[PDB]
Participant: 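Below you will find the structure I want to go over with you.
Just so it is clear, chain A uses the PDB entry numbers, and the residues here are 1052-1231, 1245-1349, in order. Just so you know, ligand 1 is whichever comes first in the structure, and atom 1 is the first atom listed for that ligand.
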Amino acid sequence: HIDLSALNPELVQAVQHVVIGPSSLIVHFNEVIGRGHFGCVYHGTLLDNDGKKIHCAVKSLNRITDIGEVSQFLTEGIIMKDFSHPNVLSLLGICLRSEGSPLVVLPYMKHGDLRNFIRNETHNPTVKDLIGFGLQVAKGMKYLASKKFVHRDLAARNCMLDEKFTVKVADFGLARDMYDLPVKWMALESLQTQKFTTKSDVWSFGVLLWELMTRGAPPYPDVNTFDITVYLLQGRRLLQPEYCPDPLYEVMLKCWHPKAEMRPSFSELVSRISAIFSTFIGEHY
Ligand SMILES: CN1CCC(COc2cnc(-c3cccc(Cn4nc(-c5cccc(C#N)c5)ccc4=O)c3)nc2)CC1
């Protein structure tokens, strides 16, 4: 139980456009589609204002206990609503129950996370398809970066893939969670200082590209998490994947430049990757 009434009228009124009524949402607690640390993702059914059934994903957030966490939850709801972009996940809304825990209502992503999609043997993406997925991620990050938003957790498992094989940058705001660590996707300066910028997201994006070109191989499998900073300070980097073209491996290496100023912007990455994308032939997705 959490008291909706005695929160903060000015804040609560600012949230109203994000709020969903509990009557207007069905959550299928029997059908789990994802596991995080802060909560699981379920199949839900939303009813929009004209009364049409929309198939959605619903994340619970157990641990959102005190008024601080509940207030911060609403603010993240506000932030997410103001983002609109084809390669960025959108928030449908939030549902504060009378008795139960708060619920994050999200669009259903038919083909799940990008890492599990590429890892699955049933799926057969071409080299062009994989470059295309990376290009889509870059466009989302270009949008977020233009809104002065730092992700801090960009990785292939944290991007989702919809019915039309459109990649959505996900795992931010209310959808932030450890899904089923991030040290191996962190920029060298972030490992030492714990300070995150758009240029640290560029590093992480580089590793995400390596994930795509390996079809979801775990990075640095033989390097222990504690000595990763030392590995990178010796200049050691992820090797070129078997079916990764040279010009795209050059892109990855530029993302892993130790000085952050010298890394490309996401704007630059969209240009460079779309140029590389325009030399390949043949797409399954
Ligand atoms: C075989 N399998 C049957 C079920 C099918 C449908 O599954 C779906 C799973 N998840 C969603 C969903 C949509 C929007 C937002 C979120 C929350 N969120 N989750 C993840 C996430 C989910 C599951 C596993 C992993 C990992 N590792 C990561 C990452 C970022 C993020 O923001 C989830 N939609 C559908 C897929 C095929």
Participant: Mind telling me the name of the drug at ligand 1?
Facilitator: tepotinib
Participant: Which macromolecule is the chief neighbour of tepotinib (ligand 1) by contact count, per the PDB entry?
Facilitator: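 The largest share of contacts goes to Hepatocyte growth factor receptor.
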Participant: Map the residues of chain A touching tepotinib (ligand 1) onto UniProt domains and name the domain holding most of them.
Facilitator: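 Per UniProt, it's Protein kinase.
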Participant: Of the choices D1164, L1143, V1155, which has the non-hydrogen atom that lies closest to atom 25 (C) of tepotinib (ligand 1)?
Facilitator: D1164
Participant: Classify the contact between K1110 and tepotinib (ligand 1) as side chain, backbone, both or neither, using a heavy-atom distance cut-off of under 4.0 Å.
Facilitator: neither
Participant: Residue-level breakdown please: for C1210 versus tepotinib (ligand 1), do any non-hydrogen atoms fall below 4.0 Å on the side chain, on the backbone, on both, or on neither?
Facilitator: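 For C1210, there is no contact with tepotinib (ligand 1) at all, from either part.
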Participant: Using heavy atoms only, determine which UniProt active-site residue in chain A is nearest to tepotinib (ligand 1) and give the distance to 1 Å.
Facilitator: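 Going by UniProt and heavy atoms, that would be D1204, 8 Å.
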Participant: Report the member of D1231, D1228, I1084, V1092 with the shortest heavy-atom distance to atom 33 (C) of tepotinib (ligand 1).
Facilitator: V1092
Participant: Considering the heavy atoms of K1161, write down every atom of tepotinib (ligand 1) situated less than 4.0 Å from one of them.
Facilitator: 5 (C), 6 (C), 36 (C)
Participant: Distance under 4.0 Å to a non-hydrogen atom of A1226: what atoms of tepotinib (ligand 1) satisfy this?
Facilitator: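 In order of numbering, the contacting atoms are 32 (O).
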Participant: Considering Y1159, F1223, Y1230, which one's heavy-atom position lies nearest to atom 22 (C) of tepotinib (ligand 1)?
Facilitator: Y1230
Participant: Taking the residues UniProt annotates as binding ATP in chain A, which ones lie under 4.0 Å from tepotinib (ligand 1), judged by heavy atoms?
Facilitator: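 The UniProt-listed residues with a non-hydrogen atom that close: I1084, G1085, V1092.
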Participant: Which residues does the binding site of tepotinib (ligand 1) contain at 4.0 Å, with heavy atoms considered?
Facilitator: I1084, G1085, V1092, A1108, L1140, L1157, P1158, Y1159, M1160, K1161, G1163, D1164, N1167, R1208, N1209, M1211, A1221, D1222, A1226, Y1230, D1231
